[PDB]
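First the structure, in the form of structure tokens, and then the observations on it.
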Amino acid sequence: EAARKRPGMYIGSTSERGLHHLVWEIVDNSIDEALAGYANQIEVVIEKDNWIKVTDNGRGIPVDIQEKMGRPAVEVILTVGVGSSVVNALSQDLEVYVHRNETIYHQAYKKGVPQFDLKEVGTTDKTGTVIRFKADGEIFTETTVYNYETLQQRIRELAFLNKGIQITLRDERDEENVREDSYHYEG
Ligand SMILES: CO[C@@H]1[C@@H](OC(N)=O)[C@@H](O)[C@H](Oc2ccc3c(O)c(NC(=O)c4ccc(O)c(CC=C(C)C)c4)c(=O)oc3c2C)OC1(C)C
């Protein structure tokens, strides 16, 4: 309720500017993984009902119990790095899927509140993190619709700034017209 009561301090504004900042924070975490030498592919998806899906082929947010807290690391990071917690707090629903240790780990949240303990929901050969979120309509009272062009412009800049990372943007809001933009700069 720290981020919810005063959302201005944590993200900036609750307008369209603050709405797209939700996406930048989540993507910045995937770019960090790529800069460390552990990811090379990031995918930003605008899904039905303006849900956002950000996927990377990183190491997967660790799932091991943190000795002090007594909870998995993914839970800790997302419910306070600071940025992911704020996005979680400002979202009416947030889902995380971690692909690590040949297992698929899942946790869902509501307004930053864990709905259930981290559960194992599958098996994998791949590593990476999938973060799905729906912005809180009660917080973002102006608009809850992402402007594709605003997303495309910053994604193009980030792929250019961070050479060698493939960043893809896909709009799937209307199944009748699916637009996609793939960026990858060697230079
Ligand atoms: C929001 O989570 C972000 C990550 O987001 C994404 N997209 O992967 C990413 O930006 C970055 O990811 C890191 C940052 C550091 C390590 C890292 O130092 C690792 N080394 C380990 O073997 C390890 C194993 C277990 C463990 O709990 C920790 C420390 C825990 C951390 C950093 C959450 C480290 C590792 O496996 O994964 C790491 C990962 C995936 O830091 C987070 C967790 C805040």
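In chain A, numbers come from the PDB entry; the residues present are 26-105, 125-231, in order. So how was this one determined? The header says X-ray crystallography, 2.6 Å. Whatever order the structure lists them in is the order used to number ligands and atoms, beginning at 1. All values below come from the heavy atoms of this structure, side chains included, with hydrogens, waters and symmetry mates left out.
According to the PDB, the drug located at ligand 1 is novobiocin.
Ranked by contacts, the top partner of novobiocin (the one with most) is named in UniProt as DNA gyrase subunit B. Inside a 4.0 Å radius of atom 41 (O) of novobiocin there is not any protein heavy atom.
Protein heavy atom in closest approach to atom 37 (O) of novobiocin: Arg84 NE, 3.5 Å. Contacts of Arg144 with novobiocin, taken as heavy-atom pairs under 4.0 Å, involve the side chain alone. Atom 12 (O) of novobiocin has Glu58 OE1, 3.4 Å as its closest protein atom, hydrogens excluded (heavy atom only).
What sits closest to atom 10 (O) of novobiocin on the protein, heavy atoms only, is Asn54 O, 2.6 Å. For atom 44 (C) of novobiocin, the closest non-hydrogen atom of the protein is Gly125 N, 4.0 Å. By the criterion of a heavy-atom distance under 4.0 Å, the side chain of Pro87, and not its backbone, is placed next to novobiocin. Under 4.0 angstrom from novobiocin, the non-hydrogen atoms of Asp89 all belong to its side chain. Residue nearest to atom 33 (C) of novobiocin, selected from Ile86, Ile51, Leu60, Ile102: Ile102 (by heavy-atom distance).
Of all the heavy atoms of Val79, none lies under 4.0 Å from any atom of novobiocin, so neither backbone nor side chain is involved. Under a 4.0 Å criterion applied to the non-hydrogen atoms of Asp57, novobiocin contributes the atoms 10 (O). Nearest-heavy-atom check against atom 7 (N) of novobiocin across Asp81, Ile67, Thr173 picks out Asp81. Of the protein's non-hydrogen atoms, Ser128 OG, 3.3 Å is the one closest to atom 1 (C) of novobiocin.
Heavy-atom distances between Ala61 and novobiocin stay at or above 4.0 Å for every pair. For novobiocin, the heavy-atom contacts closer than 4.0 Å come from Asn54, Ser55, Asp57, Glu58, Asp81, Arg84, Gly85, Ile86, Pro87, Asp89, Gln91, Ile102, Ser128, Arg144, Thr173.
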